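Model: glycoside hydrolase 2 / ligand 1-deoxygalactonojirimycin.
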Amino acid sequence: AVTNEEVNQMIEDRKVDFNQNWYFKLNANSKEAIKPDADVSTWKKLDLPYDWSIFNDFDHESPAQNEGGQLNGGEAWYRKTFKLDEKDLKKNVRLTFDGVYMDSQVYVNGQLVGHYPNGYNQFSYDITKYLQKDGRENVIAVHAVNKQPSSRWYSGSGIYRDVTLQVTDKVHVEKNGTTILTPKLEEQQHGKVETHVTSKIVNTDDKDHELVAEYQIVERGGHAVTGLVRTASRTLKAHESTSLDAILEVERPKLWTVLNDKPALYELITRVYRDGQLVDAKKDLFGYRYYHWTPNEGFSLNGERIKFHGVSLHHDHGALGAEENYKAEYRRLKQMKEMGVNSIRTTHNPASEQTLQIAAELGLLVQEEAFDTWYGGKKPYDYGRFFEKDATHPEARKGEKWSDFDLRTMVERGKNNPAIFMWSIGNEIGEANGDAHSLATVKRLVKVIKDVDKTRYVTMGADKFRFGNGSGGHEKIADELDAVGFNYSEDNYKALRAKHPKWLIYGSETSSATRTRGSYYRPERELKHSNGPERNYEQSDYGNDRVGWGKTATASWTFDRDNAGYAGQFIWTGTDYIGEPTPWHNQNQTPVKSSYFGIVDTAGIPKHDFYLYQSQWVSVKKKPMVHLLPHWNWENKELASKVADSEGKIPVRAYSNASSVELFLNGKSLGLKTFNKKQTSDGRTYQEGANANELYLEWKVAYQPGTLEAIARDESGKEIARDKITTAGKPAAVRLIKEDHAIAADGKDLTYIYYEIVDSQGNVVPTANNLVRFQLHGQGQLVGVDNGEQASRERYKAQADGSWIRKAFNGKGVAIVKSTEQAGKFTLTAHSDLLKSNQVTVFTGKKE
Ligand SMILES: OC[C@H]1NC[C@H](O)[C@@H](O)[C@H]1O
């Protein structure tokens, strides 16, 4: 009866983007916010998402302290009015918020729909009953509160992720109603794979209805791989719900994996019939993958043994603040992928829809984390105070606490995403010590998950294993998990592995090395928690700085590499984030406001350890590379004195995955050096330099201005890669570098344009801190500027006079430009005092 074209249209119309045409006002009058025909002339008209804190100036007296990035919170209201189309009058209406930070209240036409404490977990409300008859307009009012301190990192404030509207028939697939399982995949993979699908269907009508479900699987952006599979027609009574199911068979599916960068994804199409009429249709993304994990060998995915080469990530995007954005998150996860990362940990909260989708699309395994605390709390205004309180969500189950409800809904939201393979039910929970309360809580939380989903490893990240020999009552908590996460506990691994030979162990959080891009200090030393005044609020890009409880990249990686029973690690952190500026943590009269832990700075510019990791994790066949550090501008006595050795030479180091690297200074060879080849005690091959603690090759080079060039060669002496560093003259010009020639004209897509301070020959001046002023013309919108410098107190956003400015830091920074909905172009022009100006143009229009 109904066309495939029509079913796709129904699917498309089922969900709309609801981000547009909101009004915002900080400290607005409650009664004014929720009331109809209110005076919004005093409010800011905007499109969501919108993190209000990122527009503040830094405040040394912020109750957030520097750990929260010294950007204030407070309270505010967002307000939207909308009319249902005539044809949608009797339809079910659901409003989904991907994240609101935090402690929120939603009002529809004057009445309180729900109060939702969690600042990161997605929540939705059926608002059908709160709507007007006959189609007069409705008022959505959202109140968001960030009372500080509520966070150990920058949170942002408000509606920082998308909001979506679902308009469905009275008879429909409930929110998160789809379950897709492939329980015999390993066995069936070379033939027909049984795909067990389940739909929770609800009948919100007051009449009884006859119900049939019809399923089909298709390749995402590909063709159908099944026909239609029908369920038996059964009665669904008024105000009742039921689970339908079916088995579909897919022949030799392409298996989702981290081992390529465009893994195979599938979608289940669900068609719902109400008395033989197609009334509801839906798609659900999933993949075919299987995995196994043993105590002594670690992890394997579709039968291929791998290690988690992983990073921890906070949610902010530097100059974007907490505003989640598809392009921003894609950019960052693609960068992680380019580094050889195959796994992410969403530290320490539920992820956005963007993150989860992009992980599935790029082939990144995900640990999704529910809690940074249990009933104890870490910060006065964090989640702890809500953990054991009864959930008041209208769809909460009897006896559900917020912890129960929030854990359950997170798992229901993500149970079909192929990228997720671990659920974490806590990071460094101090209360989880093995006492009767904590033991009862771990079992309860494990079971909440298991009642939804048994296919993924339940875990926690625990730093308790680093104290003494690692033992204690917390071992009783670990015994209840599928896999035991070790925060910074490498030193006790041997002993703990001997004690618990059945544990699946990995590094849930490692390193916490601290680094500032382009800054260098005492390369000959390892520096522990070095935060003296002589450091000038910077840390060393040689990667020789680490916090008291931390390890260098080399120390934390070599240990992982050498032990098969330690399945991998999630480095703290993959990128910098606003807040937590250890080792100047909560020294609030100091200038620092953002992190040093990132492999990549907040502006998306990699620090040198990026290439260290790339050299270890990306095969010489996939991407031959060689990367040199430090810079070659040593004219400054102060800078050079901190770096030069006792003979005044500069330690020049190369990371490479090649067999050999030869360093040249101004055309003249300083020697070919060869990586030592070694094997792990279980027969895996690896390369190192002069000793076990050096993954680079080093030359002590006496300082002559000019050019360092490194030639990387395969075993047969064939050149496979080059890298070059040139001494720069004095600043002469600002140069702009486009990442994109064009982006989509959807008002959502954006582009990153780097600016560099260059000398007259076009070399980057690696020490340059020049102020740059920006002009934008055409069909675009500036939405951020950044240089990643931790000690900077510069605005990420427009100045109070509407201007856009930012200093270079160590030669570089970035400007971020969002598209509009009009096709055309925009031109970014950059100016700096007494330097040559430059412009670039980026086109906008059609999406790929
Ligand atoms: O080393 C910093 C790191 N410590 C461990 C915590 O889990 C992280 O959020 C962060 O605070």
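Start at 1 with the first residue, then count along the sequence. As the structure lists them, so they are numbered: ligands from 1, and atoms in each ligand from 1. Heavy atoms only: backbone and side chains are in, while hydrogens, waters and symmetry mates are out.
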message = If we only consider heavy atoms of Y488, is any one of them less than 4.0 Å away from an atom in 1-deoxygalactonojirimycin?
response = yes
request  = Could you list which atoms of 1-deoxygalactonojirimycin come closer than 4.0 Å to a heavy atom of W549?
outcome  = 1 (O)
message = Heavy atoms only, cut-off 4.0 Å: how does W572 contact 1-deoxygalactonojirimycin, side chain, backbone, both, or neither?
response = side chain
ask   = Looking only at heavy atoms of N427, does any of them come nearer than 4.0 Å to an atom of 1-deoxygalactonojirimycin?
value = yes
key: Heavy-atom nearest option to atom 6 (C) of 1-deoxygalactonojirimycin, drawn from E67, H585, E509   = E509
task = Give the atoms of 1-deoxygalactonojirimycin, by number and element, whose distance to some non-hydrogen atom of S512 is under 4.0 Å.
result = 1 (O), 2 (C)
Geometric N/O contact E580 with 1-deoxygalactonojirimycin, under 3.5 angstrom = yes
query = Source organism for chain A according to the entry?
reply = Streptococcus pneumoniae tigr4
ask   = Hey, which atoms in 1-deoxygalactonojirimycin end up nearer than 4.0 Å to a heavy atom of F597?
value = 1 (O), 2 (C)
query = Between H348 and 1-deoxygalactonojirimycin, is there a nitrogen or oxygen pair with a distance under 3.5 Å?
reply = yes
request  = Check the deposited model for a covalent bond from 1-deoxygalactonojirimycin and report its residue and atom.
outcome  = none
ask   = Which chain positions lie within 4.0 Å of 1-deoxygalactonojirimycin by heavy-atom distance?
value = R152, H348, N427, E428, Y488, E509, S512, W549, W572, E580, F597
